[PDB]
Participant: 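Just downloaded a structure that has peficitinib in it.
Numbers here simply count residues along the sequence, with the first being 1. When a ligand or atom number is given, it counts from 1 through the structure's own listing order.
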Amino acid sequence: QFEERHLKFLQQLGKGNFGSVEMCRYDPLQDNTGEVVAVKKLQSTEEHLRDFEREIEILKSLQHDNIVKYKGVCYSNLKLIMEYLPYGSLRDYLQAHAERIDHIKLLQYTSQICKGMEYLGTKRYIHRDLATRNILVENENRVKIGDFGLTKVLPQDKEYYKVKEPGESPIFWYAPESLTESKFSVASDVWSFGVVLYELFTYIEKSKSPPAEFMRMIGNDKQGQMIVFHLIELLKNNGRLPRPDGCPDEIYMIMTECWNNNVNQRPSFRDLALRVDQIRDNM
Ligand SMILES: NC(=O)c1cnc2[nH]ccc2c1N[C@@H]1[C@@H]2C[C@@H]3C[C@H]1C[C@@](O)(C3)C2
């Protein structure tokens, strides 16, 4: 329902899981007016096309404040049309404005990521790619989960979805049962949320990121697909990301409790939202 000839290229925004996202002016009157939007397209196999159409449907089915807004599609090679958010990714915003973002603000974002995820759960959706690079900023007070490219629907009958053909993955955000048995759940999204909260309290220092930090603990000399093996074994032996500099005990406990080897012990997003809110209301 969006006409290709009316989408005017302004600039690239970045590359996602498969395809890429552009900033365009939608100008169907062909005057000067018309909103700016974000346009996703594939760089395109059949397997990817199937997934992209699933992604569109997932995004269409979501209405939440903490989820990026679907606007429409563009047929002629599919295009997904979304709201454009001018502050960009949380990782970029945080790096740009690090000096005016205090711990309270960080827990406000944390709280909003929890709400959006709690909402994902009610629809039995598994995000699988929770990371600050995937969170967008709407304004200094509101963030939105974007990129639903790897998101899966739980079948009506099972509490986990096994992912056939695991391509090159965000391995440092993955729960152990995801790395071993390709098993994805509300519990694995909770683990990843734990890494997101870790990212926030490091303020995305380069050397403090989850990849830099696990490679430290494995050894920079280790290589290839050995990396994944050493990571699985490290996690089995209760090796964990360190407490970020300036991160209080109470906050670290949320992270370590999210990073439980036992799937059933990991807290719920309902618990995480409430717990975060109180620590926030404790300052
Ligand atoms: N609504 C959007 O998709 C969107 C809106 N405004 C934006 N401003 C900068 C990126 C961006 C958007 N998507 C970006 C795209 C996909 C994914 C999430 C974003 C950052 C990323 O690195 C990874 C590239």
Participant: Specify the chief binding partner of peficitinib in this model, using its name in the PDB entry.
Facilitator: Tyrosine-protein kinase JAK2
Participant: Are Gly146 and peficitinib in contact, using a heavy-atom cut-off of under 4.0 Å?
Facilitator: no
Participant: Which residue and atom name correspond to the protein heavy atom nearest atom 16 (C) of peficitinib, and how close is it?
Facilitator: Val21 CG2, 3.8 Å
Participant: Starting from atom 10 (C) of peficitinib, what is the nearest protein heavy atom, named by residue and atom, and what distance separates them?
Facilitator: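 Nearest neighbour among protein heavy atoms for atom 10 (C) of peficitinib, to 0.1 Å: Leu13 CB, 3.9 Å.
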Participant: Return the residue, atom name and 0.1 Å-rounded distance of the protein heavy atom closest to atom 3 (O) of peficitinib.
Facilitator: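 For atom 3 (O) of peficitinib, the nearest protein heavy atom comes out as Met82 CE, 3.6 Å.
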Participant: Look at atom 21 (C) of peficitinib and say which protein heavy atom is nearest, naming residue and atom and giving the distance to 0.1 Å.
Facilitator: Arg133 O, 4.5 Å
Participant: Which residue supplies the protein heavy atom nearest to atom 5 (C) of peficitinib, what is that atom called, and how far is it?
Facilitator: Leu85 N, 3.5 Å
Participant: Just distances here: any N/O of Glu83 and N/O of peficitinib closer than 3.5 Å?
Facilitator: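 For peficitinib, there is an N or O atom that lies under 3.5 Å from one belonging to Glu83.
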Participant: Tell me which protein heavy atom sits closest to atom 11 (C) of peficitinib, plus the residue, atom name and distance to 0.1 Å.
Facilitator: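 Result: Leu136 CD2, 3.8 Å.
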Participant: Help me out: which organism is listed for chain A in the entry?
Facilitator: Homo sapiens
Participant: Which residue supplies the protein heavy atom nearest to atom 17 (C) of peficitinib, what is that atom called, and how far is it?
Facilitator: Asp147 CB, 4.1 Å
Participant: What residues, by chain and number, sit within 4.0 Å of peficitinib when only non-hydrogen atoms are counted?
Facilitator: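 Within 4.0 Å on heavy atoms: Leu13, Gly14, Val21, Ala38, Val68, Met82, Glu83, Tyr84, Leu85, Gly88, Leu136.
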